[PDB]
Q: 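Structure: Cyclin-dependent kinase 7 in complex with samuraciclib.
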Amino acid sequence: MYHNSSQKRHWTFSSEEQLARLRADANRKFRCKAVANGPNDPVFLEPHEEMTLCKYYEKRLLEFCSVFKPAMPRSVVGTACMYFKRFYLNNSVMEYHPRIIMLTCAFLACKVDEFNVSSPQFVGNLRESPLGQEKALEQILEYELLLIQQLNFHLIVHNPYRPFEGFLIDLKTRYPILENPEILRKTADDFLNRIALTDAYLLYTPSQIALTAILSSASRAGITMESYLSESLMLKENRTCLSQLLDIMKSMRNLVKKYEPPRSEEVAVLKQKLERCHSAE
Amino acid sequence: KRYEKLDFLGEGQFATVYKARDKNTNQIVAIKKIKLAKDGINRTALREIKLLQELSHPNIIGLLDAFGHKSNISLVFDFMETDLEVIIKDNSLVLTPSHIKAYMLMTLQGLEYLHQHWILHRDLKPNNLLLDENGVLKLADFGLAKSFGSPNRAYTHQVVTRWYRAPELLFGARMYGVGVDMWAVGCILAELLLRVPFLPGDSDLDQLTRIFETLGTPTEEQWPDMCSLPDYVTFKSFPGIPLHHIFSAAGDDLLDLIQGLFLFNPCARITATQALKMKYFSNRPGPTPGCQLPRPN
Amino acid sequence: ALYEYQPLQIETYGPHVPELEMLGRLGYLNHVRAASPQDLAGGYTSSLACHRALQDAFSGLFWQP
Ligand SMILES: CC(C)c1cnn2c(NCc3ccccc3)cc(NC[C@H]3CCNC[C@@H]3O)nc12
C-alpha cells in the first residue's frame, strides 16, 4: 500500500531540482572517479546530455515492453520504467550503459511483478542475432544485482494505473454530475502516458498522478470537477488541503508542458559520445 | 559484509540460514544466504525482499538488510530462537489456554496487518511462526506470499503445505483471498490444542477425505458454488465430528473461533479482523505476556 | 490483562475509503466486474478488487514529500 511504502518513504522527492542535484552528483562522481582512475575532458557527458539519453532510453524501454511477447502487463512496464528512472537518479549513464540497464529493469520488473517469463522468452524479444541474445542475457544477469543494490532493495512500485481505476469506480458511484466517466478514460490514459515521460513519478503520489490525469481529461472535455474534489472527496471541510491538491495538479500539468522530448539529431550525437565513453570506460 | 557468522540454523530448497553478529551494533541476526543457472536471482528471494520491504509490524519478520554478489543474494532478519512447531512438539511444555490465546492473538495481528496490506502469506504452518526470545511470534518465510485482490492475475492452488491447505485450494481455486491463511490459522489452532497435526493427509485427495471426515462434507448450502472449482470431485457424505468431541477442553468461545476459522465457504470463513473481535480474545483468561510464553529449552 | 481489539490505525493520507461490507449497499459494486462462481467459491468477491482500487485511489492523495 502506497501510504507506508518504500516508494513514499525514499523515492518521492520534494522538487525537480532535488532530482537535478542527485543526477548532477552522479555525473560528477563518474568524472571524479574516472580522473582518479587516470579532468574537464569532452569525452564526458554533461548532466543534461545524460538526461536526454535517459529520456531516449525510457522511450526504448517503452517500445521493448510494448512489443514484448507474451503481452507484458502495464504494471510491469510501469515498474521497469520506474526502475530505469530510479537507477539513473544516483548513477551515471557513462558508467552503466542504458541499453543494458533498460533490459535489466524490464527483466527485474517481470520477476518482481510475478510475470513469470523464462530468460529464453525474455531475450527472445530482443531483435538481435541469437548469439547477441545470449550475450545480452549474460549482461542482463551481470547487472541484475547492481540494479537491486541501486534501487536500495526497494522493489515494489506503485503505479497510477490502479488508483486510476479506483477513481473511475468512485466517479461512477459518487459523482453522477459526470454521467459516463469512461469518456475520460482514453484522454486520461493519454495524459498518464505523457506524465510518465516526466519526473512526476518521483515527485507525486500515484493517486495524485491518477487524479491529475482524470481532471485534465475532464477539463479537456469542458467538464468541471471541482465539486468532486470539494463535495465528494470532502475537501469543502479542509480548504487548506484543496489548495495543496490543486497546486500539486497544477505543478504536475506544468511539469508536462515543460517536457521536451529527446531530439533525434541531439540523441544521434549523444549516443556516439556515450559509446565513446563506454569504449574508453 | 558487516556480519560475523556464528552458527548454522538450517537449510531449505532456496537458502541456508546462519546466525550472525552484526559487527556495526552487536545484534544477533539470521542471515538467509540464497543458493543456486541463466535465470538470474531466485524469485523466492526477490519475493521475500519485495514484500518484507513494504511491511513493518511486530508480528511479521523484519528484513533488516539485504546484500549479495553475482546472483547470490543474502537477506538479514531478526534472529528468532524457536518456532511454534518446536513448542507444539515439545511434550515438556504445557500449552495452557492463555498460551494458545497469546499465540493465536499474535498470529492474527500479524495476519490482519498482512491482509490489510493486501498480501496473503500463503504458507502458514507452525514452522513459519517463529518466536523471538521475548516471546513475540512473527510470521516468516514470505517465499510463497503474494499480493491478492487483483483479478488480472491467476494464483496457483498448490500453495500451502497440504495439512494446512484450505479446501478451496485442494479443490483447485486459482482466485482466493484471506480464507487460505485463515484456514491455516484454524489448522495451527487445532494443532496447538491437540499437539498433533489436525488434518495430516498423505495426498491432496486424502487431505480432502481427512477434512470432510473430520468437519463434515460441505453442502452447496454451506458452500455455494463449491461445485464450480476446477478440481472439485464429489465425496461421500461424512457427518463430521462435533467440535466439542474434537476439542474436548475448548470453551464455547474457542469453539466459535474454531468454527469460524473452519467454515467451508471461504467468503463466510472469518477474517483476521473479525477473528480478533470474537469474544474468545476479549474473555478471561487474558493472553499471556510474551515474557511468560513457554520456552522450549 | 484481557485483549480488546483496536482497529489498526494506519494513516492513509487521503479521503475516507468506504468499508468492504458497505461497497454493495453504497453502489460501488455496480461499477466493477462481478466475481465468477469459481472466484466466489474460492473467496474472491470483487468487493476485494473494488476495495483495493478505492484504497489505492485514496492512499496518499493528500500527502506531499
Ligand atoms: C530467516 C529468518 C526468518 C530466521 C530467523 N531465525 N531463524 C531461525 N532460528 C533458529 C530456529 C530453530 C528452530 C526453530 C525455529 C528457529 C531458523 C530459521 N530457519 C529457516 C526456516 C525454516 C522453516 N521455518 C521458517 C524458517 O525461516 N530461520 C530463521
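The chain called A is the first sequence line; B is the second; the pattern continues. Residue numbering for chain A follows the PDB entry; the residues present correspond to positions 1-38, 42-284, in that order. Note that chain B is numbered according to the PDB entry, with residues 10-45, 51-311 shown in order. Shown for chain C, in order and in the PDB entry numbering: 244-308. Order of appearance sets the numbers: ligands from 1, and atoms from 1 within every ligand. This deposition comes from electron microscopy, 2.5 Å.
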Q: Which other chains are in heavy-atom contact with samuraciclib at under 4.0 Å?
A: B
Q: Should B:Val100 be counted as touching samuraciclib, given the test is an N or O pair under 3.5 Å?
A: no
Q: So if I look at chain B around samuraciclib, which UniProt domain am I mostly seeing?
A: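 Mostly the UniProt domain Protein kinase.
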Q: Mark up the atoms of samuraciclib that fall under 4.0 Å of a heavy atom belonging to B:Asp92, in ascending order.
A: 5 (C)
Q: As deposited, to what residue and atom does the covalent bond from samuraciclib connect?
A: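 Covalent bond target: none.
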Q: Can you list the atoms of samuraciclib that are under 4.0 Å from a heavy atom of B:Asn142?
A: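 Going through samuraciclib atom by atom, the ones under 4.0 Å from B:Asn142 are 24 (N), 25 (C).
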Q: What is the nearest protein non-hydrogen atom to atom 9 (N) of samuraciclib, stated with its residue, atom name and distance?
A: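 Nearest neighbour among protein heavy atoms for atom 9 (N) of samuraciclib, to 0.1 Å: B:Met94 O, 2.8 Å.
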Q: Give me the nearest non-hydrogen protein atom to atom 27 (O) of samuraciclib as residue plus atom name, then the distance to 0.1 Å.
A: B:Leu144 CD1, 4.0 Å
Q: Under 4.0 angstrom from atom 4 (C) of samuraciclib, is there any protein heavy atom?
A: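 For atom 4 (C) of samuraciclib the answer is yes, since some protein heavy atom falls inside 4.0 Å.
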Q: Looking only at protein heavy atoms, which one is nearest to atom 17 (C) of samuraciclib, and how far off is it?
A: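 Answer for atom 17 (C) of samuraciclib: B:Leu18 CB, 4.0 Å.
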Q: Where is the nearest protein heavy atom to atom 11 (C) of samuraciclib: which residue, which atom, and how far?
A: B:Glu95 O, 3.8 Å
Q: Using distance alone, decide if samuraciclib has a nitrogen or oxygen within less than 3.5 Å of any nitrogen or oxygen in B:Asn141.
A: yes
Q: Suppose we measure from atom 1 (C) of samuraciclib to each protein heavy atom; which comes out shortest, and what is that distance?
A: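 Going atom by atom, the protein heavy atom closest to atom 1 (C) of samuraciclib ends up being B:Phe91 CD1, 3.5 Å.
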Q: In the PDB record, what organism appears as the source of chain B?
A: Homo sapiens
Q: Taking only heavy atoms of B:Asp97 into account, list the atoms of samuraciclib that are under 4.0 Å away from them.
A: 14 (C), 15 (C)
Q: Among protein heavy atoms, which sits nearest to atom 28 (N) of samuraciclib, and what does the distance come to when rounded to 0.1 Å?
A: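 Looking at atom 28 (N) of samuraciclib, the protein heavy atom closest to it is B:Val26 CG1, 3.9 Å.
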Q: Taking only heavy atoms of B:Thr96, which atoms of samuraciclib are found under 4.0 Å from at least one of them?
A: 14 (C), 15 (C), 16 (C)
Q: If the cut-off is 4.0 Å to any non-hydrogen atom of B:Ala39, which atoms of samuraciclib fall inside it?
A: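 Listed by number with element, the hits are 4 (C), 5 (C), 6 (N).
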Q: For atom 22 (C) of samuraciclib, state whether the nearest protein heavy atom is under 4.0 Å away.
A: no
